[PDB]
Peer 1: 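Attached: Peroxisome proliferator-activated receptor alpha with pemafibrate bound.
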Amino acid sequence: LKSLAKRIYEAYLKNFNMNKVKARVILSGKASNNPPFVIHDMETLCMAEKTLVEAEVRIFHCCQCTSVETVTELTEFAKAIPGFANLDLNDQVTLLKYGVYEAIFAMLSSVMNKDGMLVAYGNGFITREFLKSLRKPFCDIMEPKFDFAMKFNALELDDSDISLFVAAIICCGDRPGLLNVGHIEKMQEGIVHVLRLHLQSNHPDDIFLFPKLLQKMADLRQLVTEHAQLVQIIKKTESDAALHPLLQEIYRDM
Amino acid sequence: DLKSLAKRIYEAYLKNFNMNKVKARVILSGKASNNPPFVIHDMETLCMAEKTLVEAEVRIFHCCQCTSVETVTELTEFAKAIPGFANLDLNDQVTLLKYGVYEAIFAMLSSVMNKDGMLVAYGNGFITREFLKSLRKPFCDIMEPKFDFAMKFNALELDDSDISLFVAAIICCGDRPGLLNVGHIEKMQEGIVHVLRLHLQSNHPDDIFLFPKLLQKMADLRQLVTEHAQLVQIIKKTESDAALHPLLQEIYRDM
Amino acid sequence: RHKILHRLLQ
Ligand SMILES: CC[C@@H](Oc1cccc(CN(CCCOc2ccc(OC)cc2)c2nc3ccccc3o2)c1)C(=O)O
Ligand SMILES: CC[C@@H](Oc1cccc(CN(CCCOc2ccc(OC)cc2)c2nc3ccccc3o2)c1)C(=O)O
């Protein structure tokens, strides 16, 4: 069962529209025909609103879209992790509730560089500076995810690593409300064993990578919590900015 | 509390919509428990059902309109049964339903569709998807897109108890333009959507991640409506001979 | 505005 890594990788490539390879090519990549449309000024945002389908609220709404897609891609990805199907239905749900936004912010790193992030399936690139620019507290949505990304991208993971990581994020026996905790800790051991063995054969150069990586699953927990609060507060601060009911439900009681 | 809410919403849905998924599934791919549904393929088959139960294109555009108007009426009643909806600012009640109804219609319209055609005239007619494609431009572009969406939606295999909860969630949606007390709706939605999830988990144990799949369609319906709204203005302005029942003309103004 | 919706929701 040295294929477990490969099965998870296949699942990861099959379900997620954007991956590190696609994103790295587009970023600092030649105009294979056309480079990706840059969004600096508020004029540059509008210029791209009807192009591929207030000001701060347009962003808050647009973000939501890809989160919602990704939750769905993640529920499918999850059902490919060996043993996940067999978990208690109740547990399947608990693991993904807490799991998805960790898996989102990890994979969101793959479209980020120091200057901005890819959006709209790789066709947009919205500048980190423009996002800082936004009226408080909308500026405090992206920047923290940038901070995290720069440190995480620093580890130089490839998609084969990231797939194994996201699985390890999902199968995580210390989520609140789990029943069959034991059978998950076994499921994680297997995924994480492979993750280490994989990192040793793929990154022999960096033999502290596996420990460095693990201590990021913690930073992601924090990043999410902080995100979750900031979003409820924007939803309740601004009558102008609502939250897709799926996201409002994955947030409910967290 | 939420014990009733789901069931109260379901009762409301059964009380106000005479065509429901169960009635429609029986009639579709059924035998003849008494009488099977009259099929409308060629233009001969249309006319031979225009005194039976009721240009050629414009007869269709007018008949569509009629059931839309009945359904908006059923929907305004359904809405007044959703716990807390009555108490909303009347102005808000109206904004929520203006943007709401055609999303709710296209969701519920899925329930009378299969890959080959759709039930009409309260289950007595069945008009073939192929005949509708057949129509002169742009009348052919009316139903097909709603079929495309339906096949994906029917794929989820929802029961009326699910659909009721979803249509409520569609109606109580605080990101409609022009709402006053957005807060009192967002709370109303949270409750409806929580129950929708809990309901889907207990009622479809087979497909535990149905709740997320369903909710990503609230977006596709918004699109489907917009695309509909354009195509309607174009038919209104193409044929001076086929105008728009004032209710529909009112839900459409500035959308 | 919306004369008819107002009417159906009273
Ligand atoms: C409401 C709060 C909202 O916060 C966030 C915060 C960070 C990230 C997201 C999700 N995300 C969308 C960012 C771009 O979103 C746009 C899209 C278009 C656009 O143009 C106008 C501008 C921004 C994204 N996830 C990915 C996973 C992998 C790869 C790429 C990804 O990208 C949502 C949430 O919680 O859902
Ligand atoms: C003006 C443009 C008009 O477009 C549409 C587009 C899609 C759907 C409708 C409303 N509708 C179609 C039946 C009419 O179709 C015929 C066809 C032939 C016929 O032969 C005599 C009689 C009726 C309908 N049915 C339903 C069943 C269940 C739930 C909801 C339902 O909604 C109208 C709009 O915007 O309102």
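Order of the sequence lines sets the chain letters (A, B, ...), proteins ahead of strands, with each chain counted from 1. The analysis underlying the following values was restricted to heavy atoms, covering all of them including side chains, and did not include hydrogens, waters or symmetry mates. Every number for a ligand or one of its atoms is a count from 1 in the order of the listing.
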Peer 1: By chain letter, which other chains contact pemafibrate (ligand 2) with heavy atoms under 4.0 Å?
Peer 2: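 Those reaching under 4.0 Å with a heavy atom: B.
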Peer 1: Which residues from the surrounding chains have any heavy atom less than 4.0 Å away from pemafibrate (ligand 2)?
Peer 2: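 On a heavy-atom basis, the binding site is B:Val54, B:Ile60, B:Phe61, B:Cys63, B:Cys64, B:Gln65, B:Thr67, B:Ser68, B:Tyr102, B:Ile105, B:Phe106, B:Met108, B:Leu109, B:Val112, B:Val120, B:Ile127, B:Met143, B:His228, B:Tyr252.
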Peer 1: Is pemafibrate (ligand 2) close to any UniProt-listed indeglitazar-binding residue of chain B, that is, with a heavy atom under 4.0 Å, and which ones?
Peer 2: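 A heavy atom under 4.0 Å occurs in these UniProt residues: B:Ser68, B:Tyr102, B:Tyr252.
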Peer 1: Determine, using UniProt domain annotation, which domain of chain B makes most contacts with pemafibrate (ligand 2).
Peer 2: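 Those residues lie mostly in UniProt domain NR LBD.
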